**Student:** 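This structure holds risperidone. Let me ask you some things about it.
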Amino acid sequence: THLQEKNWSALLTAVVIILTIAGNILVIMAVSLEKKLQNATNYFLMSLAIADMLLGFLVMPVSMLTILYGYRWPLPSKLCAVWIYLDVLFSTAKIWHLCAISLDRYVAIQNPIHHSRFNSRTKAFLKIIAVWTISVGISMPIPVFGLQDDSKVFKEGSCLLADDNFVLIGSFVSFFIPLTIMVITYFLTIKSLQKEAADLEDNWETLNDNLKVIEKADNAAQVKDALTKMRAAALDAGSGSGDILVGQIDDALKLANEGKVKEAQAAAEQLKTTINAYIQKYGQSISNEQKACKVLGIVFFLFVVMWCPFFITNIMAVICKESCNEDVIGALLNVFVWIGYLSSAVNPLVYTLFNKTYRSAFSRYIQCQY
Ligand SMILES: Cc1nc2n(c(=O)c1CCN1CCC(c3noc4cc(F)ccc34)CC1)CCCC2
Ligand SMILES: CC(C)CCC[C@@H](C)[C@H]1CC[C@H]2[C@@H]3CC=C4C[C@@H](O)CC[C@]4(C)[C@H]3CC[C@]12C
Ligand SMILES: [Zn+2]
């Protein structure tokens with residue numbers, strides 16, 4: 001039966017709604033409770049999850065109500081523009097949250113002391129508020145012109161963004177520009193991390209060369225010279241983390257400055273083991289940045305690929321009003337809108353897959369074990 005089609009569409013819509021709300025609430029709880037997940041990127045991801053939850057709680061159920069009424073808007077006229085504004089607001093906020101994550105992490109890894117433990121919570125919160133304000137500013141044209149003009153938000157009785165200029169400018173400002181920025185920033189990030197690993201290997205090379213020089217030293221002058229080169233290398237290798245290693249090298253360097261050559265050589269001998277350990281630690285930190293980069297790239301790819309069919313079909317239907325068939329186009333737009341909405345529910349599953357802390361948190365939350 002063809003009414004069974006409406007029943008199935010509404011049912012699958014409800015499935016997507018419940019999945020979105022539940023998963024993003026799980027992400028909210030994970031970021032709100034775990035102190036192991038309290039850096040800037042996780043604050044951005046929790047803001048992202050609340051945005052997706054607001055989308056799945058205020059916008060997607062109204063879309064289900066719309067698809068139940070034969071796509072005829074049953075609510076008051078102003079609520080159509082309000083609902084389109086909220087929809088565009090939350091989706092634009094999501095994509096620009098992703099863009100801000102990419103850019104912020106890139107700018108961070110640019111800073112030569114970005115491995116220090118001192119990160120400010122308030123700065124990340126201010127960035128999140130700035131992104132939400134950007135989203136509100138991008139979405140304001142719909143309330144401005146939509147409440148003034150009933151025709152720009154209504155399309156044959158149906159509550160759709162009918163202005164072609166609005167559609168194209170919103171596709172560019174809200175989807176295409178942040179997508180391109182995301183791609184560029186991601187590839188620049190992989191290049192910067194490669195540079196980081198290369199510099200770390202160079203620091204290790206310097207450390208080994210000067211340890212070997214110290215092992216065969218004769219007088220205090222060359223001991224101090226090799227220890228100075230070692231101190232520079234070790235300070236560079238920490239990427240601002242801040243450890244005992246440079247302090248131990250300074251202890252050996254004091255021994256060298258006093259003229260004690262044998263004791264300085266013994267100190268360098270202990271430093272050899274300490275240096276191997278710390279170098280491996282720094283390499284592991286770089287590898288962790290690489291893994292986080294790839295996971296966030298998976299997130300970006302899933303979101304963009306799931307929203308791409310809708311934007312493709314929408315811009316195409318704006319271009320060809322009669323060249324292309326519009327019944328199949330309307331069916332495609334329905335299906336692709338709901339795929340893009342499914343993108344909002346996909347994220348917590350991805351957090352579960354490639355993150356052990358998120359997965360443990362969710363496994364303990366399903367059983368209510370806090
Ligand atoms: C409910 C509905 N139902 C129908 N149609 C609709 O367009 C709609 C509106 C669908 N909104 C979903 C979010 C979109 C969006 N805005 O900004 C973004 C930025 C992003 F990164 C990703 C996505 C977006 C804009 C449209 C037309 C066919 C008939 C049924
Ligand atoms: C705790 C941290 C990490 C997240 C903070 C999220 C804050 C900044 C977000 C969450 C929900 C957001 C609000 C959701 C909806 C609207 C309606 C819009 O027309 C004006 C902005 C406004 C009022 C948003 C302001 C920013 C907001 C309050
Ligand atoms: Zn780093």
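Along the sequence shown, the residues carry numbers beginning at 1. Values below: all heavy atoms of this structure, side chains included; hydrogens, waters and symmetry mates excluded. All ligand and atom numbering here is 1-based and tracks the order in the structure. Determined via X-ray crystallography, 3.0 Å.
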**Student:** If I want every instance of risperidone, which ligands or chains should I look at?
**Tutor:** ligand 1
**Student:** Main binding partner of risperidone in this structure, as named by UniProt?
**Tutor:** 5-hydroxytryptamine receptor 2A
**Student:** Show which residues surround risperidone within 4.0 Å on heavy-atom distance.
**Tutor:** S63, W83, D87, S91, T92, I95, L160, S174, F175, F303, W307, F310, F311, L333, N334, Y341
**Student:** Which atom of which residue holds a covalent link to risperidone as deposited?
**Tutor:** none
**Student:** Filter the residues UniProt lists as binding serotonin in chain A to those having a heavy atom under 4.0 Å from risperidone.
**Tutor:** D87
**Student:** Around risperidone, list the other ligands or ions under 4.0 Å away.
**Tutor:** none
**Student:** Restricting to heavy atoms under 4.0 Å from risperidone, which transmembrane segments of chain A are involved, by UniProt's count from the N terminus?
**Tutor:** 2, 3, 5, 6, 7
